[PDB]
Every structure is written in structure tokens, then in C-alpha cells.
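Section: structure with (R)-ibuprofen.
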Amino acid sequence: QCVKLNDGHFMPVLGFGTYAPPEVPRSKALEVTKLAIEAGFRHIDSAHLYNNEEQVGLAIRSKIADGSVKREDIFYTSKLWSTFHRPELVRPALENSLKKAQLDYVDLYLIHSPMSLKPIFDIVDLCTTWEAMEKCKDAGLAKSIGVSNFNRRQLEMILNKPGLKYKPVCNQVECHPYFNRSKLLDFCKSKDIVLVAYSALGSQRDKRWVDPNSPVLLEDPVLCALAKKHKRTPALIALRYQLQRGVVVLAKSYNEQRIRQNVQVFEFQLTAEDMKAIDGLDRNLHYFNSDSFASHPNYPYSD
Ligand SMILES: NC(=O)c1ccc[n+]([C@@H]2O[C@H](COP(=O)([O-])OP(=O)(O)OC[C@H]3O[C@@H](n4cnc5c(N)ncnc54)[C@H](OP(=O)(O)O)[C@@H]3O)[C@@H](O)[C@H]2O)c1
Ligand SMILES: CC(C)Cc1ccc([C@@H](C)C(=O)O)cc1
């Protein structure tokens, strides 16, 4: 099903994550996005950074052309990369993503991160970036607009902006049982802003940003025990946990079996005791933990 966003548009609560590192041929994103839509995904998360918008857009267009879905049935997200925060660059970056995907509009456009980069760090007033985002929704380039990787204080900066026209509909952030974002999630709920979780399956553990020593979420003993109790899988437990918290959850998979397994999240439910057990795993662990983020003046986890 879908959640109703604070601008009246609807967002499907399970989304397909499309990122794969450069060693995976670009052609795979086309193939797996098609398999995701076939499996029943209707929300597809991409970004300029991911270098796959051509393939992902072609996958969406391919499934429209063969009669499987209509454009209105698909919720596509792209994101404004941090070198394009200066307000005059926002609409051209979005138009560029739309040209790559060959789509007339995105369902959702996010500021990918609060950490501005030289168009080397940059200093930009993100309220002016936001005004530029509001103009893209007014022009019909984006049905909805939101943010990503914002903390509470950064989110309040927007919410408190003089003459705000549109609240962010969502804040897409790292969120899983080792870093469950409870207090942020409560704040977002108090504002009717949806929290969308990425790395909900514990991340792709990419050596560029993730310490290989970090705990492997899907081997967690509590998640494994819950998967045995429910005769599901640790991944399904981890996705279902998000849905029952009122969090919209992404799941990346480039594997045909796991793509189809992931939509099973709608087929069972966790009890209050199960949810408390998963809540007990929280350990302030963000898998993305790299000098290249942590030294930035607007790093969100500076807390
Ligand atoms: N906003 C941001 O800054 C940001 C940052 C990170 C990610 N994201 C978005 O969120 C998406 C998902 O996050 P993520 O890329 O960190 O990955 P994820 O959803 O945490 O998945 C991690 C790994 O889980 C594996 N997996 C998937 N389904 C499984 C299953 N049923 N059983 C066992 N393993 C399973 C996948 O491997 P296989 O491919 O081998 O199945 C995947 O590499 C990204 O693709 C991107 O769209 C956004
Ligand atoms: C505070 C930082 C850690 C947030 C952040 C995480 C991942 C990304 C890119 C690499 C992505 O994969 O979408 C961008 C920003």
C-alpha cells in the first residue's frame, strides 16, 4: 500500500533501491528494475549520483510500453547532488535527470544531502536551495519534494523558513535496527514528514565508506531468531520492522530471487514483543562512516 504525503500525493511504502557500485555493469540496473516492477515494486529510488538514471528510466518506460503499469502507477525518485545546491543549479540538475530518464516528471526530488560541495566544501544557504526546489514542484518537474540525510536541526531550518511554501514530504535517512533513528522518527511524525529508510538491510558494505569490521545486520542473532519464529528471513524481518514503525522502507537487490522475496514483506506481521526485541538492537551505528563525510561542517551526525 501507500502512505499519503503532506502535499496530498501518495508514496508506496516499499521502495526498490537502484544503487550498485561501478563494478556492476550499467546494464544490470535496467534488468533488475524491470524485475522489481514485475515482482510488484512501484516505488523506485534513484539519484544523479548513481549514474543509472538512463537505465532506470528505460526500465520504467519499458514496463509502461508492454502494458504492465501506467506512469501514474510508478513513484520515481531522484535526488539533487551536493555540487548543485546553489539555487540557480537546482532546476537544471532536475531537468538533466529527467532527460537521462526520458520522463516528464519525477514523483519525488530530494536534496541528497545537507553537505554542500564545490559546484572542496561549499557554504550555501539551504533555505535558498529549498526555495528552488519549491519552484520545481510549482513547474510540475517534481510532484513532491523532500530532503535526505538531514538531522532534526537541519530539518527545522527549512520548516522555520520565512514564507515556506511546501514542507519536505519526507526525510530519507540511514535507518535499520542498529541505528533506528527513534527520536528523529518521532520528530518527523510530529510534523507529518515521512521517514524513508535506506540501508534498511544493513547497507552494501562498500569499502569506500563502510568498515568491514562493522556487524553484519542480516546475521544478527535476534533477527535470525525472529526469522525462524516466523519462517521468513532476516531481511524480511528487517523490512517489516520498518513498515510497522510507520517508516517507508527501501530495499536494494540485484538478485532475481531476493527481489521477489522482498515483496513478501506484506504477507506477515510482527507482534509487540517482536518489535521490542528489534528495538533493543539499537546501537547508534551508522554504516556510512568515512572521513569524506565526517569532516564536513554540516555533517548530519555531528548530532
Ligand atoms: N539517500 C542516500 O544518501 C542513500 C544512501 C544509501 C542508499 N540509498 C538508497 O537506498 C537503497 C538501499 O540501500 P542500500 O543500497 O544501502 O542497500 P540495502 O537495502 O541495505 O541492501 C543491502 C544488501 O542487502 C542485500 N539483500 C537484499 N535483499 C535481500 C534478501 N532478501 N536477503 C538477503 N540479502 C538481501 C542486497 O544484496 P543483493 O543485491 O546481492 O540481493 C544488498 O546489497 C540504495 O540502493 C539507494 O537507492 C540512499
Ligand atoms: C551523512 C552521509 C554519510 C550521508 C550519505 C550517505 C550515502 C550517500 C551516497 C554515497 C549514496 O549512496 O546515496 C550520500 C550521503
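Numbers in chain A track the PDB entry; the residues on display, in order, are 6-124, 138-321. Every number for a ligand or one of its atoms is a count from 1 in the order of the listing. When reading the values below, keep in mind they use all heavy atoms of this one structure, side chains included, and skip hydrogens, waters and symmetry mates. Heads up, header says this was done by X-ray crystallography, 1.8 Å.
- To find every copy of (R)-ibuprofen, look at ligand 2.
- Of the chains near (R)-ibuprofen, the one making the most contacts is recorded in UniProt as Aldo-keto reductase family 1 member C3.
- For atom 9 (C) of (R)-ibuprofen, the closest non-hydrogen atom of the protein is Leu54 CD2, 3.6 Å.
- Among protein heavy atoms, atom 6 (C) of (R)-ibuprofen sits closest to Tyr216 OH, 3.5 Å.
- What sits closest to atom 12 (O) of (R)-ibuprofen on the protein, heavy atoms only, is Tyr55 CE2, 3.9 Å.
- Nearest protein neighbour of atom 3 (C) of (R)-ibuprofen, counting heavy atoms only, is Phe306 CB, 3.5 Å.
- Among the ligands and ions shown, the ones besides (R)-ibuprofen lying under 4.0 Å from that drug are ligand 1 (NADP nicotinamide-adenine-dinucleotide phosphate).
- Filtering the residues that UniProt lists as binding substrate in chain A by heavy-atom distance under 4.0 Å from (R)-ibuprofen yields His117.
- Per UniProt, the active-site residue of chain A closest to (R)-ibuprofen (non-hydrogen atoms, rounded to 1 Å) is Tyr55, 3 Å.
- With a 4.0 Å heavy-atom cut-off, (R)-ibuprofen is reached by no atom of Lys84.
- Using a 4.0 Å heavy-atom cut-off, the UniProt NADP(+)-binding residues of chain A near (R)-ibuprofen come down to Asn167, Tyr216.
- The source species given by the entry for chain A is Homo sapiens.
- On a distance-only criterion, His117 and (R)-ibuprofen share at least one N/O pair closer than 3.5 Å.
- When hydrogens are left out, the protein atom nearest atom 5 (C) of (R)-ibuprofen is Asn167 ND2, 3.6 Å; that is the closest non-hydrogen contact.
- Residues in other chains coming within 4.0 Å of (R)-ibuprofen by heavy atoms are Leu54, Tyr55, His117, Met120, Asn167, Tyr216, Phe306, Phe311, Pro318, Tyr319.
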For (R)-ibuprofen, run through the N/O pairs with the protein that fall under 3.5 Å and put one pair on each line.
from, atom 1, to, atom 2, distance (Å)
(R)-ibuprofen, 13 (O), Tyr55, OH, 2.7
(R)-ibuprofen, 13 (O), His117, NE2, 2.8

